[PDB]
Enquirer: 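Got a PDB entry here containing bumetanide. Few questions.
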There are 2 protein chains.
Amino acid sequence: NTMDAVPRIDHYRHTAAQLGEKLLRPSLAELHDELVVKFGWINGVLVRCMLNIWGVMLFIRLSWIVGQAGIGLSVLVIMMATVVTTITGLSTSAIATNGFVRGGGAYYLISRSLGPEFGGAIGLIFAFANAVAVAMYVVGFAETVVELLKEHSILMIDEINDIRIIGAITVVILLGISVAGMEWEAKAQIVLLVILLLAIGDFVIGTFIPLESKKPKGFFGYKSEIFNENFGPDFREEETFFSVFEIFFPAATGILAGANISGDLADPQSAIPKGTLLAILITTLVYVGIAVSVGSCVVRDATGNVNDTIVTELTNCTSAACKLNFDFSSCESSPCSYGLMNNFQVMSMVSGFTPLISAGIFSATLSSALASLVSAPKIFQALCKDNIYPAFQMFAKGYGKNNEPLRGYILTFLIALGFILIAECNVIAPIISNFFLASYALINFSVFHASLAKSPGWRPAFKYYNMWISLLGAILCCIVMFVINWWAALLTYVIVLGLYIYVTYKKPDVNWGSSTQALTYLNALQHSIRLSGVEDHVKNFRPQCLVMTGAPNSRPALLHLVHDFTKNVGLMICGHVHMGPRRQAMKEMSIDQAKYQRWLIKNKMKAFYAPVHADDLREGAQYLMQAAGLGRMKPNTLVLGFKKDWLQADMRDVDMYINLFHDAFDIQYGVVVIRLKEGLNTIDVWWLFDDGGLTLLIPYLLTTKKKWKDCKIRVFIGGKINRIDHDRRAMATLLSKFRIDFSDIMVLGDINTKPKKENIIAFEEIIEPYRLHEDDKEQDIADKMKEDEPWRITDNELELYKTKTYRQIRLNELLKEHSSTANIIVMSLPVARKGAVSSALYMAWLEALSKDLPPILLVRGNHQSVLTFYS
Amino acid sequence: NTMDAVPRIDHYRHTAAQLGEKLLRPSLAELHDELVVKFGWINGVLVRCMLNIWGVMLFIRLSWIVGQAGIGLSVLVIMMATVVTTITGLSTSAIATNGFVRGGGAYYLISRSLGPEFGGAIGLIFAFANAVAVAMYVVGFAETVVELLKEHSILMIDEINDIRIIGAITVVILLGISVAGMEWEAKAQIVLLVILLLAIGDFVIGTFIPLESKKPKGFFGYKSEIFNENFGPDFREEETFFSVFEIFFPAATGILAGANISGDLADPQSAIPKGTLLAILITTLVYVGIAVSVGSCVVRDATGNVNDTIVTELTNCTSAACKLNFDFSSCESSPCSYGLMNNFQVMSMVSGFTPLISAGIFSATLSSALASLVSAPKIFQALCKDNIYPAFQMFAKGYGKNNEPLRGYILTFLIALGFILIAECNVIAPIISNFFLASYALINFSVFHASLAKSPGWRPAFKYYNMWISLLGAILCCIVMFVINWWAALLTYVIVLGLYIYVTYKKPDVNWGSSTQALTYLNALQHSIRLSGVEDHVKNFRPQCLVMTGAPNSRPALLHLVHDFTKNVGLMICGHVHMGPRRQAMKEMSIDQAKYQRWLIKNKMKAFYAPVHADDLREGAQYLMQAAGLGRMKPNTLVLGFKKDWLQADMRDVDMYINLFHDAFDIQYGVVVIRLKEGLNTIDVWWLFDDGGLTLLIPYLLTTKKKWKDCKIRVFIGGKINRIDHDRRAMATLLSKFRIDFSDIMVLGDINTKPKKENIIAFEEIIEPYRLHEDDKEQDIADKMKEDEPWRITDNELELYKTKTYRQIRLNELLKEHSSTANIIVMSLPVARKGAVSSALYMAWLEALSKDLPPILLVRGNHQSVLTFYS
Ligand SMILES: CCCCNc1cc(C(=O)O)cc(S(N)(=O)=O)c1Oc1ccccc1
Ligand SMILES: CCCCNc1cc(C(=O)O)cc(S(N)(=O)=O)c1Oc1ccccc1
Ligand SMILES: [Cl-]
Ligand SMILES: [Cl-]
Ligand SMILES: [K+]
Ligand SMILES: [K+]
């Protein structure tokens, strides 16, 4: 409260409201200003990741992959898939150990890492991918059970339909077991893991246990010549190495099935890393070991038959089959019985109890399917909670004591059932495999992008993640999805890009500190730094304007006109000076900053809103002109709206306005004054005095823009009579060397001539309330009144400023007579000597010159060399 | 002078000094502050471009190209080469019509368009390319003359040596005619052009004039069946279409041979466009017309022999040769006499007088060689004048009334002679052809890059150049140089990149308004705009610091320390407040801006120097804090050096320093104070009060950098006794959730305890000269002295600030006892209530706390939520 307090965790909690009644930080103004189920890492992320990786391939098609591709090359396949998977694991660990991750899985990580765009895109893709991987795992189980009940005669319908029936029944059962909370299905996956490990152990023991009954088959029991033969990549008619990797890689996916449970984990940012990485390690070790064992234990082909005798007749027999026995030897002529390349149930028979390995297949398939079916709706409901796609505002309610996406479970069940009864899993497989690849690629790109933008808030807790390995992982994921069904990769990239576009044009109104935001800041900073090293030059001058807008709403069309000759060229800083007590005005600026900056961005005003606190408008603008900008983006021109209200405004205010003029001149700023009717085809430019070229550059830049592109830029000047043609030719060659594509140059000799009586008497009537009438009251009352500036010095300030006023009024008359048909007028701003002219008289000059006309820009330049005709 | 003057061309002339005595612009301060041979376009750029394009191919190898590739495909070849050439012509015209081009050619255009890097690189490449194209043209003439003097028996030596002899003699003659001024060689090219056009006319007339003597040859005189046959692309054993285009394209090059004479043209920016484009038009028309005529007039092969009788025996004769006559019919069996595909002198014989066409070949070759030999040294001497490569500071003197590169002429003559006597022009041809391609590519990229950066000074006088056609031209040049000898294109790209690197690491100290500079500004502006649309978030906070450096030289290691936790992360604005009269201080700021900004860039300080003019340091820094920055790059922290001199400084100055502290607090700025020994392994952080997380973020960012990466970040806090273990565990979990990888957390209970007598008496002695001794002089003298702030209120300001001082001194003692071994110390900055504490007492607090210690950062934060453990 009154005294500063020691730091506590309570200060930084709930980020909007988290126990705010206790441990609330004291504000700087207060000190200064004077007066329900959660899973551990073992059973929540280790078991689930391990149990999701282990699927159909481990027990069915692995003997095939090690049989065709050689042992030394099948291990290469496994190692490449594991490099991709492990690099993605490090990336996921880096993302997960950054903050506290609320709910969902890969979606939440990627979204909160680098923006709702990639977040929503890849989250939707991953939710679909897991929802259908449910169907893939369950139909693998269907193939297993139908093979078992076709080898054992009893069957009900044709295989292509019995698979559908059994898959539908068991996916219904999977929904039932999953929809009943997560303690129950957690224990269910525990018992499935026990069964799976029993199957692995049975295979290992049986592989160490050879027998003569299986001798006719490829089973021989660790014979060295079998290993020597199987090292080679003995392929088949069609399957190439890339196709082999394509077959295997689905077995590599399934990691971060615990990360998808991040919403229900007891302690993320400590369970995700050492659960996912350790699960990948264990599963890869098991794959490699079992592959080398089965390759070293069984042979390619075996004419399994007792009639195949081990008598071993003395023949050449170059094949190493007869090296063990004449049985299962020399069957290459016709398609012999079975073997690694000719059978799949090798895994079953090399082991001991065939049931204890069959149960391995069922447990692996069910466990992987159940893990995917739990993971998909968590991701989906996290995605729907953020309402990136408002169409799915449902699927996020999550009925139950622990938020469980019942609707998400039903939706993923329907999707899985639909893809089961489609029964075309073979053709859909590459699409979904490289959806998984796309998700992994965006995770590694998540880490790389986060490390690329410095972002002091990046700072993850988990080391071992360096940026280049993550970039390599993204590249490898892209290359692998090219390897797997190139056109599927193109389709996946199209889907990603389409969702990206959809989200970036939706622009969900949400902010969670993307790495994209950090990169934006860092990029803008780096280019400002490189600009700071770029020396100035005439033909790279830009009108970079501080515009005393006030509130940017107050003068809209003025803002548009300035934006016209500053869009995509030069700077535009909309300055607004705030007033009054410091404490209240801090909050005033804080809200106006957001409001007006968003208003500019919404209205495509590439401008910069700069609020300052100051005692009055003059020294607030002094603040702005002195300090606004960054590097060589500091303003060089001050833009004002003509203070139309001076006849009614307090004369101190208009004096402040004129001293603003004078300050801008004093600190080497060009001044532009815009007088237009704000209630809401030639550009006429009367640039009678060489301001330095700015009075040319403004209309030319206006002609550059599309709005004024179809409008001539005819020019007027003043010159002595009898030299009219000479002056016009010199003017034409002068600005033809400036490449200002004029349309008609007019030369006026009527300047410096006494204007009509009506106009002079009108100006005298206007100035009468402020000319101080310095006739009587010689010095005492005269000096007493002059103790405040804003009166015109009758005698003193109308001696030569008499002809100054005459030129002003006559110029106004000339703009009436000649340029009244212009779409826009740009004319030299009159300059009065500092202190020599009463501010009232100078404002009267501006009124007299600028009144009753189309839009006017009274441009006076820095008197530098703004334009050039060199190169 | 005193009065503003009408604009005149004299104001913008010579850009440093050009008739400055007459027509000198009046300065804004003055108004405001109170008190020898030149060539026209016909003979300088039209004749030269036309006469350089027309070379060997027109009269020697063109019959070959139209004979092998079909008429409808030879015209396609010519049209593609002309598309490349004409797009480059539009680009060159756009570049040349921008400013006034001093001297040189393509070098000056490209350099002054987009920087000395591409300028010097491509200028050197083009100078070499023209220097050796001299050799190519002259050896073509050598082949012509040796063929003429071998058909006419008299010969001197073997052809491979007679060509060398005649080429050497005639290149010596070419030097002689070129080294004798440009009026003489201009008239020489005039007469060569007359000869060439006579040859063209003779060919046309002879082609309209058929005869029986040439009837046995391919000459038949516009027979329709000959045209119908020749439309097809009847190629040969080896020559493919791409090879054909490779042969032709050297004939397309040679444009901007007048642009290389830009230094000696009477009026560039009006001669270059309508000379180069018209010359390309005329030459392409002549190529196309002569190609179609010779294709429609002669046949592929002709067994030229009177014995070949036109008797026309009644045979099949599918070939259209016999359609005209049995002569020159059916010779395909063996290699028959000659023809389009079997002879080159067809051009000579289809015409009338063979001498009047032979003279055509000699005139074309000599004229092209002479044009190249004039153009190369102009480019070279322009390149050497800018001293981009200081090694060639010679070759630029240019002796003569008109600056003529005598040394350049000699150098190009030596290069041409060397490549003549090498006599390996066939193998070097693709290298030089795609050097020409590279130069054209950089010209089109010149225009595209210039149009890409808005740059109000771009604005060329010549329309018809839109940016996308120039980009297409650059792409086409790149593709064509791939077509011509791919590895030659790779070598050319390597040479370009190498010269680019050499120049960009040389960094010649010169500024001529590159388009690269404009692009740098525009890119930085665009990314600042996109940053302006990026909403704030806690975990994207950056310490973006306004550092009251003063002169950045004054405190170097302080600048380095701030740069350490701001490099590549957050902003760093080195503010310096200037003093005194406005007029002198304007120039002061103007010179200091350049000096200090260059000093920062040189010393790899990615900082921003911000000078302001102000009455005193306090309100200058007020200017800076209120207004510095752009968009969301405004500073959020104020960094000060501890005013070490306060014991000697005027007490008003240190009061100003403390009110600077207070202003920074008032406008919601965190404050960092650095006290280190500026005369010139654990980071200890004692962050006793929850500033909002900045006191953690600073040392962590220090640990991020390489300099401090190997240094622990151990932390100290204060806590009540009997809760030491609880407080330490809570602290550890708190900043482990903040991922600040601490090394040892220490908890101190000795805080809030009365420190030793020696330290308290030392502090009392220090504060004695300013405690105002408010014992006597009850109110009158007391209030009179208190009419100025900087004295300590003895009675009032030492009631509870007594225990404040006690904590300050005891904390100092503790830093001595514990953290004196640190490499750096970061501690909470004490905050005093505004106006409640005398500024002298607060400065004494800072002295007492910070004295006699390693580098200290007294960090006090905004009291916002700088750190977070969410995501
Ligand atoms: C992203 C992976 C989705 C699951 N698909 C899958 C998983 C595993 C495994 O073991 O995890 C093995 C294979 S497989 N038959 O070896 O290619 C798989 O492909 C299938 C499975 C059945 C139907 C169609 C395709
Ligand atoms: C960049 C072009 C340099 C000049 N080389 C050149 C010009 C012309 C032409 O007519 O301007 C025609 C040919 S050619 N024989 O048709 O390919 C040329 O190639 C040569 C010539 C002679 C020796 C070796 C190569
Ligand atoms: Cl996965
Ligand atoms: Cl050229
Ligand atoms: K799997
Ligand atoms: K040529």
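A, B, C, ... go to the sequence lines in the order they are written. The residues of chain A that appear here are 216-250, 282-926, 1022-1212 by the PDB entry count, in order. Residues displayed in chain B correspond, in order, to the PDB entry positions 216-250, 282-926, 1022-1212. Order of listing sets the numbers, starting from 1, for every ligand and every atom in it. We use all heavy atoms of the structure for the numbers below, so side chains are in, but hydrogens, waters and symmetry mates are not.
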Enquirer: Mind telling me which parts of the structure correspond to bumetanide?
Expert: ligands 1 and 2
Enquirer: Hey, which chain has the most contacts with bumetanide (ligand 2) here? Just the name UniProt gives it.
Expert: Solute carrier family 12 member 2
Enquirer: Just wondering, which other chains does a 4.0 Å heavy-atom cut-off pick up around bumetanide (ligand 2)?
Expert: B
Enquirer: Report all residues and nucleotides of other chains within 4.0 Å of bumetanide (ligand 2) (non-hydrogen atoms).
Expert: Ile299(B), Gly301(B), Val302(B), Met303(B), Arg307(B), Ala379(B), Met382(B), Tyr383(B), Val385(B), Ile493(B), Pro496(B), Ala497(B), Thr499(B), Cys671(B), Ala675(B), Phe682(B)
Enquirer: Specify which UniProt chloride-site residues in chain B come within 4.0 Å of bumetanide (ligand 2), measured from their heavy atoms.
Expert: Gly301(B), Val302(B), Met303(B), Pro496(B), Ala497(B), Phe682(B)
Enquirer: Which UniProt TM segments of chain B, numbered from the N terminus, carry a heavy atom closer than 4.0 Å to bumetanide (ligand 2)?
Expert: 1, 3, 6, 10
Enquirer: Name the source organism of chain B according to the PDB.
Expert: Homo sapiens
